[PDB]
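I have placed the structure first, in the form of C-alpha cells, so that the comments after it can refer back to it.
A, B, ... follow the sequence lines: proteins, then strands. Residue 1 opens every chain. Whatever order the structure lists them in is the order used to number ligands and atoms, beginning at 1. These numbers come from the heavy atoms of this one structure, side chains and all, not from hydrogens, waters or symmetry mates.
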Protein chains: 4
Amino acid sequence: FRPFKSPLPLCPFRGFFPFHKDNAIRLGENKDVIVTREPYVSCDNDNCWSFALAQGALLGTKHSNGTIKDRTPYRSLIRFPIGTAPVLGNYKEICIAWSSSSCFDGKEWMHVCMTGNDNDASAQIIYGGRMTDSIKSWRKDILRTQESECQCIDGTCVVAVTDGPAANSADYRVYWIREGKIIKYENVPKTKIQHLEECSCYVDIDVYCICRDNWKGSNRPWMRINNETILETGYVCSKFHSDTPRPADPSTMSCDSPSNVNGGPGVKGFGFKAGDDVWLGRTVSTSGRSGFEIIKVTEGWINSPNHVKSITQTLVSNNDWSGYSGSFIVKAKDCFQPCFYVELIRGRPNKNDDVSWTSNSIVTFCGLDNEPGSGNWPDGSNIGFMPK
Amino acid sequence: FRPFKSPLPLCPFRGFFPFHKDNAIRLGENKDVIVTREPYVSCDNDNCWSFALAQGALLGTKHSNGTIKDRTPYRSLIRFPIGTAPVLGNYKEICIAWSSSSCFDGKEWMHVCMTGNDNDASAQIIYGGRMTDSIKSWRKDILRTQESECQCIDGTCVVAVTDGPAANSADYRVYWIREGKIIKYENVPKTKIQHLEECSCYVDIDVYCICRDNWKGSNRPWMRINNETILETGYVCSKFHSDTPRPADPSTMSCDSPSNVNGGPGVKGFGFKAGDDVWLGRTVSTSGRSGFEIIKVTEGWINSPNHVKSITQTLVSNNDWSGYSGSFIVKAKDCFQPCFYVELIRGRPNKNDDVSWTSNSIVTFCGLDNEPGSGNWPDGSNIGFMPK
Amino acid sequence: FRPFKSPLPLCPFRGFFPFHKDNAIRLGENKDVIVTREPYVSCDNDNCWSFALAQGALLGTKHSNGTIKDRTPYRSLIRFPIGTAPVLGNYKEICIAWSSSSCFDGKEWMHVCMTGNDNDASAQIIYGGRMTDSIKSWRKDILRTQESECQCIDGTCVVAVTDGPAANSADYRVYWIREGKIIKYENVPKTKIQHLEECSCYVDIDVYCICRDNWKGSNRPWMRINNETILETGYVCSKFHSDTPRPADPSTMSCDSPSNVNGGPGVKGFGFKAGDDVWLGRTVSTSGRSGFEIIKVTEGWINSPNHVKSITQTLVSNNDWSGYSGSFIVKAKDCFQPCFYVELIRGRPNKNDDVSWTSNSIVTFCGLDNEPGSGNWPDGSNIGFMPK
Amino acid sequence: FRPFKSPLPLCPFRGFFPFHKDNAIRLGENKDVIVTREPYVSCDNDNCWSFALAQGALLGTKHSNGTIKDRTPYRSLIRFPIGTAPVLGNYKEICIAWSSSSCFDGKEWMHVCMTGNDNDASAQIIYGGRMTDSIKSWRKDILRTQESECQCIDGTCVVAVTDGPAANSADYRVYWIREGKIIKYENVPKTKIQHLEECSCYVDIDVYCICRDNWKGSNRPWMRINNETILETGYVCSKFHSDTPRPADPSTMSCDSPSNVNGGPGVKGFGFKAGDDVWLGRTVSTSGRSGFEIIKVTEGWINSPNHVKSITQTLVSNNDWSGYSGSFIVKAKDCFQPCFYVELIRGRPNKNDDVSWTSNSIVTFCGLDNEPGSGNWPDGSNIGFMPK
Ligand SMILES: *[C@@H]1O[C@H](CO[C@@H]2O[C@@H](C)[C@@H](O)[C@@H](O)[C@@H]2O)[C@@H](O[C@@H]2O[C@H](CO)[C@@H](O)[C@H](O)[C@H]2NC(C)=O)[C@H](O)[C@H]1NC(C)=O
Ligand SMILES: *[C@@H]1O[C@H](CO[C@@H]2O[C@@H](C)[C@@H](O)[C@@H](O)[C@@H]2O)[C@@H](O[C@@H]2O[C@H](CO)[C@@H](O)[C@H](O)[C@H]2NC(C)=O)[C@H](O)[C@H]1NC(C)=O
Ligand SMILES: *[C@@H]1O[C@H](CO[C@@H]2O[C@@H](C)[C@@H](O)[C@@H](O)[C@@H]2O)[C@@H](O[C@@H]2O[C@H](CO)[C@@H](O)[C@H](O)[C@H]2NC(C)=O)[C@H](O)[C@H]1NC(C)=O
Ligand SMILES: *[C@@H]1O[C@H](CO[C@@H]2O[C@@H](C)[C@@H](O)[C@@H](O)[C@@H]2O)[C@@H](O[C@@H]2O[C@H](CO)[C@@H](O)[C@H](O)[C@H]2NC(C)=O)[C@H](O)[C@H]1NC(C)=O
Ligand SMILES: *[C@@H]1O[C@H](CO[C@@H]2O[C@@H](C)[C@@H](O)[C@@H](O)[C@@H]2O)[C@@H](O)[C@H](O)[C@H]1NC(C)=O
Ligand SMILES: *[C@@H]1O[C@H](CO[C@@H]2O[C@@H](C)[C@@H](O)[C@@H](O)[C@@H]2O)[C@@H](O)[C@H](O)[C@H]1NC(C)=O
Ligand SMILES: *[C@@H]1O[C@H](CO[C@@H]2O[C@@H](C)[C@@H](O)[C@@H](O)[C@@H]2O)[C@@H](O)[C@H](O)[C@H]1NC(C)=O
Ligand SMILES: *[C@@H]1O[C@H](CO[C@@H]2O[C@@H](C)[C@@H](O)[C@@H](O)[C@@H]2O)[C@@H](O)[C@H](O)[C@H]1NC(C)=O
Ligand SMILES: CCC(CC)O[C@@H]1C=C(C(=O)O)C[C@H](N)[C@H]1NC(C)=O
Ligand SMILES: CCC(CC)O[C@@H]1C=C(C(=O)O)C[C@H](N)[C@H]1NC(C)=O
Ligand SMILES: CCC(CC)O[C@@H]1C=C(C(=O)O)C[C@H](N)[C@H]1NC(C)=O
Ligand SMILES: CCC(CC)O[C@@H]1C=C(C(=O)O)C[C@H](N)[C@H]1NC(C)=O
Ligand SMILES: [Ca+2]
Ligand SMILES: [Ca+2]
Ligand SMILES: [Ca+2]
Ligand SMILES: [Ca+2]
Ligand SMILES: [Ca+2]
C-alpha cells in the first residue's frame with residue numbers, strides 16, 4: 001500500500017549539482033540508439049525515469065533521415081532507465097504521441113499523449129497502463145501539452161494543455177485528472193498571460209508552472225495551481241529574462257504581461273520560486289539554443305527595484321548545443337527536491353551538424369543546500385564520427 | 001492473492017483511440033528485429049503484452065528469406081513489451097508454435113500452441129509456465145487456433161480450435177480448460193456456422209467470438225459462450241460485411257448462414273456487439289489487405305431493415321498495407337474495456353514490397369465513451385530502405 | 001516463505017511433447033548470439049531457465065574461431081530465458097566453469113562450477129549467489145560433473161562428480177550439499193558401474209541418475225540415491241542400448257555390467273524408469289551424433305526376456321545434427337513432470353558444417369499422459385548463411 | 001523490512017577461488033560493449049553487481065579513440081550484472097563521475113560520484129536513487145575517492161576521499177554518511193600515513209582500508225575505522241611489499257612509514273588482515289601492471305622478524321595484463337566472506353596492444369577455508385582481432 005503524493009514544500013537549496021547523463025548520441029554511433037526529442041524526467045517511488053518522444057527509427061539509419069519533423073504517426077512516448085541511452089533492449093513504449101506529459105501520483109503512472117491529424121488530434125489519458133479517458137481537440141489546431149512531468153497532489157493530477165496558433169492568440173487550459181478520469185478543466189485567465197506553451201511544473205505546497213510564451217513575451221508566463229483551481233497567474237518579474245530569443249540583460253521588469261521585445265518564438269524552459277527570489281534556467285546565447293546556465297535573481301519573483309543576478313552556474317558552454325529544459329521533483333522526506341533536465345539537441349537544423357537526422361542526449365541536475373563547484377557537461381559527440 | 005477474472009459486462013464506448021504502436025519494421029532496418037506474423041495482445045494484472053508467432057530469424061538476414069511460409073518447426077509463440085519491437089534483448093519464448101492463443105485467468109497465463117506435421121500436429125497447453133495438457137489432431141489436417149487472446153471466466157478458459165480443410169467443411173470445437181487441464185470440449189453446431197477460423201473473442205458477461213469463415217461467407221460467423229457450454233451461434237446480421245474479400249456495401253443481411261458471395265478466402269477480424277448494434281473492423285479495400293477502418297452499424301447485430309453505418313473511423317489509409325486484426329480486453333473496475341490490434345503486414349506477397357521476407361508491425365486502439373478525432377497510423381516503413 | 005522441494009513421485013506419462021525451442025544459431029546469423037555448448041534446463045518456483053557453458057565469445061566473430069576446445073578460462077556457466085537465444089542483453093553469468101551442474105532446492109539456486117588447470121581444477125559451490133564451498137581435484141585429472149540439473153530433496157542437493165581418465169578406470173563420487181555446504185560424499189560402488197560421466201538425473205521419490213559410460217559400456221550406467229546415501233546401482237537392462245556409439249538393435253541385456261561392445265566413447269544422454277519399463281533418449285544413428293529419438297522399452301528396466309520397443313518418437317531427423325541430451329523436472333502439484341532438452345550441435349567437427357566455430361541451439365520436450373502427434377524440430381540453420 | 005548491515009567478523013579462509021569472469025573485451029569484438037575502467041564489485045541483499053566508470057562510448061567506435069584520458073564529463077558510474085559485459089541493453093547509469101565509491105547499507109545503496117573541473121570538482125552523495133548531499137573540493141586539486149566499495153556499519157557508511165597532489169603531500173579524509181547525509185569527516189592523521197589514494201576496504205568488526213601511497217611508499221598505507229572515528233593507521237608491516245612499482249622481495253619492514261624505495265607512482269590494490277598475518281594482492285611484475293598473484297605473509301601484519309610468504313596463488317600469468325584490484329565482502333550468516341576483483345586493462349598504453357582505446361575486463365575471486373587448486377584467468381583477448 002502506498003498513499004498519494006502530498007502537497008509538500010520545496011526543499012531548501014542554494015545550488016545545482018550534476019546527477020545523471022546519458023551520452024546517447026556518442027553511444028549511438030553504431031546505430032543502437034533510438035532517435036528522440038522532447039525528453040524529460042519523472043520519478044515514482046522506486047526509480048527516476050527518462051521519458052522522450054521517439055521517432056520510430058534508429059539513429060543513423062535511413063529512416064532517421066528527416067526526423068526534424070515534429071509530428072508523425074511513428075512517434076511514441078517511450079520510457080528508459082534514467083541516464084541510459086534508449087535502445088530496443090531497454091525501452092518501453094508508453095503510448096502513441098507527438099506531445100506528452102507524465103506524472104506519478106504515488107500509486108500509479110498517468111500519461112497524456114497527443115496524436116493524430118493536426119486539425120483533429122486527441123489526447124489519450126493513460127492510468128496504470130490503461131487508457132482511461134481522452135481530450136478531443138476543440139480549436140482543431142495541434143492540441144498539445146507540456147513535454148515534461150505533470151504534478152499530482154492527494155490523488156489529483158494537474159496538466160497544462162494548449163490548442164491554437166503557435167504565434168498568435170490561442171486557448172490554454174488546465175485539466176484536473178484523478179485516477180485517469182478527467183474531473184474538470186479551466187480556461188487559463190488571459191488577464192496577464194497572453195501565450196502559453198510547454199509548461200515546466202513542480203510542487204511547492206501548490207503546483208507552480210513556468211512556461212513558454214511563443215508570441216510576445218521574452219519573459220516566461222507562470223501559473224500557481226492547487227488540486228481544485230488556478231490560484232494565480234503572471235509573468236516572471238525578473239528583469240533578467242529567461243526565454244530564447246530574449247533581450248540582453250537587463251531588460252524590462254514585467255510581472256503582469258509579456259515583455260513585447262524579442263517576443264517570438266521561444267524555447268521550453270523552467271524556473272524555481274524561492275521565497276521572493278527566482279532561479280531561472282536559460283541558454284547562454286540570447287538568440288540561439290547553445291549553452292546552458294541557471295541564474296538566481298534576488299527578489300526576481302516580485303515587483304522590486306532590487307533585482308540582481310546573485311548566482312550564475314554555467315553548466316553547458318556556449319560552444320555546445322543545448323535545447324529544451326524542464327523541472328522535475330524527487331521526494332525528500334518532508335519536502336520535494338527541485339531538479340531539472342536539459343535537452344542537448346544534435347543534428348538539424350544546428351549549424352555544422354552535418355547529419356540528416358535530428359535527435360538529442362540528456363543531462364540532469366538537482367538542487368542541494370550546499371555550495372557547488374563548476375564544470376561543463378555538453379552532449380560531447382563529434383558529429384563527424386556519426387552515421388549521417 | 002488474486003481472484004479469477006469475473007464475467008464483467010463490456011464498458012460503454014462510442015469511439016476508438018490510438019493506444020500503442022511499435023513501428024517494428026522501421027526499427028528493424030539494422031537487422032535487430034525478429035521476423036514475425038499473426039501478432040496479438042493480451043493483458044494480465046500488471047501489464048499488457050504483445051504476442052506473435054516468430055519465424056526463428058532476424059528481419060533482413062538470409063534466414064528471413066522466404067518467411068511467407070506459414071508453418072515451420074522454427075516458429076515459436078514469443079512475448080514482448082506492448083508497443084516495442086521484438087528483439088533478442090527483450091523477447092520471451094513462450095512455446096513452439098505455428099498457431100496460438102493466450103489468455104490470463106486472473107492468476108496465471110494459459111497458452112495454446114500448435115506445432116508438428118500438418119497431418120499429425122498437437123496442441124500444447126501451457127499453464128503458469130508448465131505444460132499441463134495437450135490436444136492431438138483428430139482430423140489430421142492442420143490443427144489450429146485463434147491467433148488472438150482467449151478468454152477466462154471464474155477460472156475456466158475458453159478457446160476455439162479448428163481441424164480440417166481451409167476451404168471446405170471442417171471440424172470446429174471449443175475447449176474449456178481450467179488451470180491448464182482440459183475439462184471438456186464441444187463440436188460447434190453447424191446449424192448456422194458453416195466454416196470457422198481464427199476467432200477474435202472478448203467478454204461481455206459471456207464470451208463472444210467473432211471469427212473468419214474461409215469458405216462461403218463474406219459475413220463473419222459468431223459464437224456466444226459461457227464457462228460451461230456454447231449458448232448461441234450465427235453470422236453477423238449486418239448487411240455491411242466485414243471479411244476480406246467481400247461484396248460492396250450494402251450486401252445481404254445474413255444472420256443465420258454464410259452470404260455465399262465473395263465467400264473465399266478471408267482474413268482474421270473482430271467485432272463488438274453493443275446492444276442491438278455492432279462495431280466491425282475491416283480493411284478499406286473489399287478485395288485486398290490494405291487500409292483499416294472500423295464501422296458501427298445501427299441494429300447490425302439483429303434481423304432488421306434499419307441497418308446503417310452510423311460511424312466510420314479510418315485508422316489506416318487504403319494506401320497502406322494492413323492484415324490481421326483481433327479483439328482484446330482490459331479490466332476497468334466493473335467492466336471490460338474493448339480494444340483491438342491491427343497487424344500491418346510488410347513484404348511478400350505485397351505488391352511493390354521488394355523484399356524476400358514476410359513480417360509485420362503492430363498498432364492498437366481502445367474504446368472510450370468519448371468522441372474521437374482522426375488520423376492515420378500505418379506501418380510507416382520505406383521498403384526501399386530495408387535489407388531485402 | 002517457500003518450503004524445500006519434496007521427494008515427489010514421477011507423474012504418469014505416455015508420450016513427449018514439444019515445449020521450448022530457441023533457434024539460437026539461426027538467430028545468431030548477425031553475430032548477436034553467445035557461443036555455447038553443454039546446455040541444459042532447470043526450473044525454480046517461477047521460471048524454467050536455459051543454462052549453458054559459454055565460450056566468452058560471440059558466434060561468428062574471430063574469437064569464436066576454434067571453440068571446439070573443451071576447457072578454457074574464458075568459459076562461464078551462463079543462464080538465459082528458456083527458449084531464447086543467449087545474447088549480451090539477456091544473459092546472466094553464473095560462475096567461471098568448463099563443467100557445471102545447477103539445481104533449485106525450493107528456496108535458492110545451487111551451482112557446481114569446475115575451472116582451472118586440468119591437473120589441479122577445483123569445483124566452486126554457489127548457493128544463493130554466494131560461493132559457499134569447494135571441491136579440490138583429488139585424482140588431478142579434469143575434475144568434472146553432470147552438464148545438467150542436479151536434484152534436491154528436503155533441502156539436501158545431490159550431484160555426481162568424476163575425476164580421472166575419460167577412457168579408463170576413474171573415480172566417481174556423489175556429493176550431498178545442504179544450503180551450499182558439503183555434508184558428505186561417497187565413492188560410487190564399482191560392483192556394477194565401471195565408468196561414469198555426465199549423469200542425467202531426476203526425482204521419482206528418490207533421485208535417479210542415468211549416465212554415460214565412456215569406456216566399455218554401450219549401455220548406460222545408473223544410480224538411485226536418497227538424501228543420505230547411494231541406494232542402488234547398475235546398467236539399464238534394456239537390450240536396446242541408448243549410448244552413441246552402440247550396437248544395432250537388439251543387443252545384450254546387461255543389467256549388471258558394461259556391454260563390452262562399441263564401448264567407447266559415448267554421449268551424454270538420459271532416461272526415465274516407468275514401473276518396470278524404461279524410456280530412453282538416443283541419437284537415431286548408432287555411430288554419429290545425428291537425429292534424436294526416444295524409445296519406450298517394455299520391461300526394459302528389469303532382467304526379462306520380454307524387452308520390446310513399444311514406442312519410438314522421432315523428434316529430430318537423422319538428416320539433422322543432434323548432440324547432448326538430459327533430464328529435468330517441473331513440479332506438478334503432487335508429482336514431478338519428466339522433461340528433457342536436446343543439444344543441437346552446429347559447426348566443428350560436424351561434416352559439411354564449414355565454419356570455424358562450435359556451438360549449439362536448444363530444443364525441449366515434456367511428458368504428458370496423452371497420445372502425441374509427430375514432427376521434426378532440428379536446429380534449422382543453413383550453415384552456408386552463417387559467418388564462419 | 002531489512003536491518004542495517006552489522007559489524008560482523010571476517011570469515012575464516014585459507015585460499016581464494018575463481019568466482020565470476022566477464023570476458024568483456026573478447027565479447028566486445030563486434031562493438032557491443034561499453035568502454036570502461038576503474039571497475040569494482042559490491043553486493044546488496046539479493047545480488048552482487050559489477051560497477052565501473054564508463055567512458056560514454058562503445059568499444060571499437062571512433063568515440064572510443066583516446067579513452068586513456070582519466071577525467072571527462074562523459075564518464076558515468078554504471079552498474080551491470082556481475083560477470084556480464086556492460087552493454088546498452090543491460091547497464092544502469094548511476095551518476096556522472098570520473099571517480100566513485102558504492103556500498104549497500106542493508107536497506108539502500110549509497111554512491112559517491114566526483115565530476116567537474118579538476119580545480120573545482122564536487123562529490124555527489126546518492127542514497128536510494130536520490131541525490132542527498134555533496135562535497136565541494138577544498139584543495140581544488142582533483143577531489144577523488146576509492147574506485148571500490150565503501151563499507152557501512154549499523155546504518156553509517158564510511159568512505160575515504162583525497163584532494164591534492166598525486167605525487168606530493170595531499171589531504172586525505174574519511175567521511176561518515178548516514179542515509180545519504182554527511183554526519184562528519186576527519187582528516188587522516190599524518191603521523192604514519194604520508195600519502196593515500198584509492199582505498200580498498202572491508203569489514204572485520206571494524207572497517208579496514210588498505211590503500212595506495214602514490215608518493216614515497218612501495219608498501220601500502222592502511223586505516224582501521226569504526227562508525228564514529230579513525231581508530232588506527234599505519235603501513236603494512238610485511239617486508240614483502242605489494243604496490244607497483246616496488247622493490248624485489250624481500251624489502252624493508254615498514255610498519256609506521258612509507259618505505260622510501262620505488263615509492264612512486266603506484267596501483268590500486270587490496271589486502272586482508274588475518275590474525276597477525278596478512279594476505280596481499282599484487283602484480284607479478286615489480287615494475288609493470290602485468291600478472292596477478294595473492295600472497296599470505298606469516299606475521300605480515302605486525303612488527304616481527306618472522307615474515308615469510310607461506311602461500312602464493314598465481315591467478316593471472318605475468319604474460320598477461322592486469323591492473324587495479326580491490327576488496328569486497330559477501331555476508332555469510334555470522335561473518336563476512338572476503339572476495340576481490342582484478343581489473344584486466346587492455347589497450348593504451350599497454351605495449352603491443354595496438355588499439356586507440358583503453359578499457360578493461362573483470363575477474364573475481366572469493367576466499368574459502370579450503371585448499372585451492374590452480375589455474376590462469378587472464379583477459380583472454382587477441383588484440384589483433386579487435387576494432388582499433
Ligand atoms: C536524406 O534524404 C534526402 C531526401 O531523400 C530523397 O527523398 C526521400 C523522401 C526518399 O524518397 C529518398 O529515397 C530520396 O533520396 C536525400 O537527398 C537526396 O539525395 C539524392 C542523392 O544524393 C539526390 O539526388 C536528391 O536530389 C536528394 N533529394 C532531396 C529532396 O534533397 C539525402 O541524401 C539523405 N541524406 C542522407 C545522409 O542519407
Ligand atoms: C531469397 O532466396 C532465393 C532462393 O534461394 C535459393 O534457394 C534457397 C533455398 C537457398 O538454398 C539459396 O542458397 C538459393 O540461392 C534467392 O533466389 C535465388 O537467387 C540466385 C542468385 O541471384 C539465383 O541464381 C537463383 O536462381 C535463385 N533461386 C530461386 C529458387 O529463385 C533470392 O536471391 C533470395 N533473395 C534475397 C533478397 O536474398
Ligand atoms: C580460424 O583460425 C585459423 C587459425 O588462425 C591462425 O592461428 C590463430 C591462433 C590466430 O593466431 C590467427 O591469427 C591465425 O590466422 C585460420 O587458419 C589460418 O588461415 C590463414 C589465412 O588463410 C592461413 O594462412 C594459416 O595457415 C591458417 N592457420 C592455421 C593454423 O590453419 C582460419 O582461417 C580461421 N577461420 C576463419 C573462418 O576465420
Ligand atoms: C585515433 O585518433 C587519432 C587522432 O585523431 C585526430 O584528432 C582527433 C581529435 C580527431 O579530430 C580526428 O578527426 C583526427 O584524425 C588518429 O590519428 C590521426 O590519424 C590521421 C590519419 O591517419 C593522421 O593524418 C593524423 O596525423 C593523426 N592525428 C594525430 C593527432 O595523431 C588515429 O588515426 C585514431 N586511431 C584510430 C584507430 O582510429
Ligand atoms: C483537494 O485537496 C484538498 C487538500 O487539502 C487542502 O486543501 C487544498 C485546497 C489545498 O490547499 C491543500 O494544500 C490542502 O492541504 C482536499 O481537502 C480536497 O478534498 C480536495 N478536493 C478535491 C476536488 O479532490
Ligand atoms: C461456471 O461458472 C458459473 C458462474 O456463475 C454463474 O453461472 C454461469 C453459468 C454464468 O451464467 C455466469 O455468468 C454466472 O455468474 C458457476 O456457477 C459454475 O460453478 C461454473 N461451472 C463450472 C463447470 O466450473
Ligand atoms: C534425509 O531426508 C529424510 C526424509 O524423510 C524420509 O527419509 C529419507 C531417508 C527418504 O526415504 C525420504 O524419501 C523420506 O521421506 C529425513 O528424515 C532425514 O532427516 C534426512 N537426513 C539428512 C541427513 O538430512
Ligand atoms: C556507532 O555504532 C555503535 C555500534 O555499537 C558498538 O559501538 C561501536 C563504537 C563499535 O565498537 C561497534 O562495533 C559496537 O558494536 C553504536 O553504539 C553508536 O550509537 C553509533 N554511533 C553513531 C554516531 O551512530
Ligand atoms: C505547435 C506549437 C509548438 C509549441 C511552440 O511547437 C513546438 C516547438 C518546437 C521547438 O521550438 O523545438 C518542437 C516541438 N516538438 C513542438 N511541439 C509540437 C507538438 O510540434
Ligand atoms: C490452414 C488454415 C488457416 C486459416 C484459413 O490458414 C491461415 C491463413 C493465413 C492468412 O490468410 O494470412 C496465414 C496463417 N498463419 C494461417 N494459419 C496456419 C496455421 O497456417
Ligand atoms: C574429460 C572427460 C569428459 C567426459 C567424457 O569429456 C567431455 C566429452 C565431450 C563430448 O563428447 O562432446 C565434451 C565435453 N564438454 C567434455 N567435458 C569436459 C570437462 O571437457
Ligand atoms: C589524480 C590522482 C589519481 C590517483 C593516483 O590518479 C589516478 C590513477 C590512475 C592509474 O594509475 O591508472 C587512473 C585513475 N582513474 C586516477 N584517478 C582519477 C580521478 O583520474
Ligand atoms: Ca518567447
Ligand atoms: Ca470469407
Ligand atoms: Ca559408451
Ligand atoms: Ca548490433
Ligand atoms: Ca607507491
Checklist entry - From the contacts in this model, which chain binds ligand 12 most extensively, according to the PDB entry? => result Neuraminidase
Next on the checklist: So what's the drug over at ligand 12?
Outcome noted: oseltamivir carboxylate
Checklist entry - With a 4.0 Å cut-off on heavy-atom distances, which other chains neighbour oseltamivir carboxylate (ligand 12)? => result D
Checklist entry - Which residues lie close to oseltamivir carboxylate (ligand 12), i.e. with a heavy atom under 4.0 Å? => result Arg37(D), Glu38(D), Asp70(D), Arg71(D), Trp98(D), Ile142(D), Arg144(D), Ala166(D), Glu197(D), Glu198(D), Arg212(D), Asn214(D), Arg289(D), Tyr324(D)
Item to check | Contacting atoms of oseltamivir carboxylate (ligand 12), where contact means under 4.0 angstrom from a heavy atom of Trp98(D) | outcome: 19 (C)
Checklist entry - For atom 7 (C) of oseltamivir carboxylate (ligand 12), what is the nearest protein heavy atom, given as residue, atom name and distance? => result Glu198(D) OE2, 3.8 Å
Checklist entry - Quick check: does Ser99(D) get an N/O under 3.5 Å from an N/O on oseltamivir carboxylate (ligand 12)? => result no
Checklist entry - Can you list the oseltamivir carboxylate (ligand 12) atoms lying under 4.0 Å from a non-hydrogen atom of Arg37(D)? => result 12 (O), 13 (C)
Next on the checklist: Strictly inside 4.0 angstrom of atom 20 (O) of oseltamivir carboxylate (ligand 12), do you find any protein heavy atom?
Outcome noted: yes
Next on the checklist: When you compare oseltamivir carboxylate (ligand 12) with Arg212(D), is there at least one nitrogen or oxygen pair between them that comes in under 3.5 angstrom?
Outcome noted: yes
